[PDB]
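Below is one structure, written out as structure tokens; the observations come after it.
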Amino acid sequence: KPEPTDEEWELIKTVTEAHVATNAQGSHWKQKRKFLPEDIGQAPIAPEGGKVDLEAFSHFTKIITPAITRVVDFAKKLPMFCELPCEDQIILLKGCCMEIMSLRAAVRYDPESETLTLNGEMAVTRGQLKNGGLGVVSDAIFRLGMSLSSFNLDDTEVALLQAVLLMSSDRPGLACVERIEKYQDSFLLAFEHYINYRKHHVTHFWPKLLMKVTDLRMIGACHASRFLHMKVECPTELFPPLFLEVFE
Amino acid sequence: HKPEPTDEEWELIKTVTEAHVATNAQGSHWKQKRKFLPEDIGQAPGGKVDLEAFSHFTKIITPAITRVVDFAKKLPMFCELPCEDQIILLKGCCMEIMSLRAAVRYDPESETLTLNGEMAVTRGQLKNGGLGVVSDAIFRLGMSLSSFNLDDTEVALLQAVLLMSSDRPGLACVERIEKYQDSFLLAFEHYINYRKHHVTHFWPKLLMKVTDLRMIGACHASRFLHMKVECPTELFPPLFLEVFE
Ligand SMILES: O=C(O)Cc1cc(I)c(Oc2ccc(O)c(I)c2)c(I)c1
Ligand SMILES: O=C(O)Cc1cc(I)c(Oc2ccc(O)c(I)c2)c(I)c1
């Protein structure tokens, strides 16, 4: 099985460093994290269904800007992305923002505590993340977390996965569709070969990881439909500057 | 590189792996043959045992107990021990090994444990089925085992280790057993260096799961006592009674 070529190791070093340089978990999150108090976002023990717990929502939005910002820095550290028109860059960033963020939290899933550590600092439960606003998306991200545990992804693999999510040529309104596909394929090929190098113990690893890319897309779309409910149920004063633009 | 298995250890590894495989009935993956226990059974309504759920479990429990015994009898080291120690070691590790077998068949997607590789149950069905909080402990262990990707050999060696526990009350040949256990641990350690898992501190964390299993085994025993008080005698298969006496 083909391992990465010299040229691909460069790209790999480039994406890996960009990810690590913008991954706030570069200080042992597992040891640094703090658990969000059980009082916040607990089952509310209602007609019309899940109503966003403004209290919980408040804690999530107070640390969401840095997460959004870090996704932009990540893309901006990739030469290929920097070659794209300003218009495409934006379209791509808006389309993958929550996909990438979701991946980042999912990879910080902890079976023993049943939590996801947001921004490598805030540990939360299904209930908390659900009642805080993501609704069933909460369940989706946790499932992704559970399914990714056996994959043992390192920074390079998460970085490459982020880059594949970034170079999505099917986003609506893109100008350089063909060029973006070329970039994505280059990441896929490097990823594919890096995987062979690492030698994971799981059958049909490549095919299974690709399906995870699909889950993230589903997750990204649900985020958007989820944001619509937030706008109805949450007062403007709770929305950070960038958070709004992300779905605009 | 760390020490890999010696020629002699590859022999012990071949023996235990075959014993486990021959007694696990997975020559045809549990996934493509398992059946899900219907949601109305053991559905949410300490606690009181759901006789119907319990009935379903004790209906396939004898074969599981039996395979654990056949696993041990397939190990030459185990056969050199006195009948009395064999009984003690079996009663001591039975639920530990079964719990471990259910835990490696944990499925994140459907959120179930496939018992005997044929019956998929939820954390809820298993709990109301009689195990109470032990169900949580086992599901928990199944969740943490996911990243370890253990193959037949590793689960096999783990079982050999749980089996040869020289600290069980009443054992006569404590030294011999202790020695047998170490032979398995050492070959395990080496087999591990040969596999090369990508989980940090893999060895120490796996050893810690043995700890968890001993705790699960002890909790099942006190869970059994509640069962003897709440479940009609008829729902107890004979071998199920003798093992957990
Ligand atoms: O973990 C990281 O680095 C990134 C990250 C940060 C956060 I705050 C987060 O939670 C969200 C996101 C959107 C949203 O509308 C709500 I309410 C909560 C997730 I999922 C991931
Ligand atoms: O999965 C396997 O191979 C072995 C296995 C088989 C069964 I049935 C099982 O469930 C139990 C065990 C004890 C008990 O008192 C009750 I009620 C249910 C478990 I956990 C494991």
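In this entry the chain letters A, B, ... are assigned according to the order of the sequence lines. We number chain A the way the PDB entry does; in order, the residues shown are 211-255, 258-460. By the numbers in the PDB entry, the shown part of chain B spans 210-254, 261-460. Whatever order the structure lists ligands and atoms in, that order sets their numbers, starting from 1.
In this structure, the main binding partner of ligand 1, as named in the PDB entry, is Thyroid hormone receptor beta. Among the options rolipram, tiratricol, climbazole, niflumic acid, estradiol, the match for ligand 1 is tiratricol. Other chains whose heavy atoms approach tiratricol (ligand 1) within less than 4.0 Å: A. At a heavy-atom cut-off of 4.0 Å, the residues contacting tiratricol (ligand 1) are A:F272, A:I276, A:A279, A:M313, A:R316, A:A317, A:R320, A:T329, A:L330, A:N331, A:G344, A:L346, A:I353, A:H435, A:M442, A:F455.
For chain A, a heavy atom less than 4.0 Å from tiratricol (ligand 1) occurs in the following UniProt L-thyroxine-binding residues: A:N331, A:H435.
Residue A:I276 approaches tiratricol (ligand 1) through these ligand atoms, each under 4.0 Å from one of its heavy atoms: 12 (C), 13 (C), 14 (C). Between A:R316 and tiratricol (ligand 1), a contact under 3.5 Å exists for no N or O pair.
The shortest contact between atom 14 (C) of tiratricol (ligand 1) and any protein heavy atom is with A:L346 CD2, 3.6 Å. Atoms of tiratricol (ligand 1) lying under 4.0 Å from at least one heavy atom of A:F272, given by number and element, are 8 (I), 17 (I). Where the criterion is an N or O separation shorter than 3.5 Å, residue side chain and backbone included, A:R320 meets it with respect to tiratricol (ligand 1). Less than 4.0 angstrom separates some heavy atom of A:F455 from each of these atoms of tiratricol (ligand 1): 15 (O).
Here is the list of tiratricol (ligand 1) atoms found below 4.0 Å of a heavy atom in A:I353: 20 (I).
Checked against UniProt, the 3,3',5-triiodo-L-thyronine-binding residues of chain A with a heavy atom under 4.0 Å from tiratricol (ligand 1) turn out to be: A:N331, A:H435.
The PDB records the source of chain A as Homo sapiens. Heavy-atom proximity to A:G344, at under 4.0 Å, picks out these atoms of tiratricol (ligand 1): 17 (I). If you check which protein heavy atom lies closest to atom 9 (C) of tiratricol (ligand 1), you get A:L330 CD2, 3.8 Å. Near A:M313, meaning under 4.0 Å from one of its heavy atoms, tiratricol (ligand 1) places the atoms 4 (C), 21 (C). Taking every non-hydrogen atom of A:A317 and a distance limit under 4.0 Å, the qualifying atoms of tiratricol (ligand 1) come out as 1 (O), 21 (C). Tiratricol (ligand 1) is contacted mostly by residues of chain A from UniProt domain NR LBD.
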Note down each nitrogen or oxygen pair, tiratricol (ligand 1) side and protein side, whose separation is under 3.5 Å; give only atom names and the distance to 0.1 Å.
residue	atom	partner	partner atom	Å
tiratricol (ligand 1)	1 (O)	A:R320	NH2	3.2
tiratricol (ligand 1)	1 (O)	A:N331	N	3.0
tiratricol (ligand 1)	3 (O)	A:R320	NH2	2.6
tiratricol (ligand 1)	3 (O)	A:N331	N	3.4
tiratricol (ligand 1)	3 (O)	A:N331	OD1	3.4

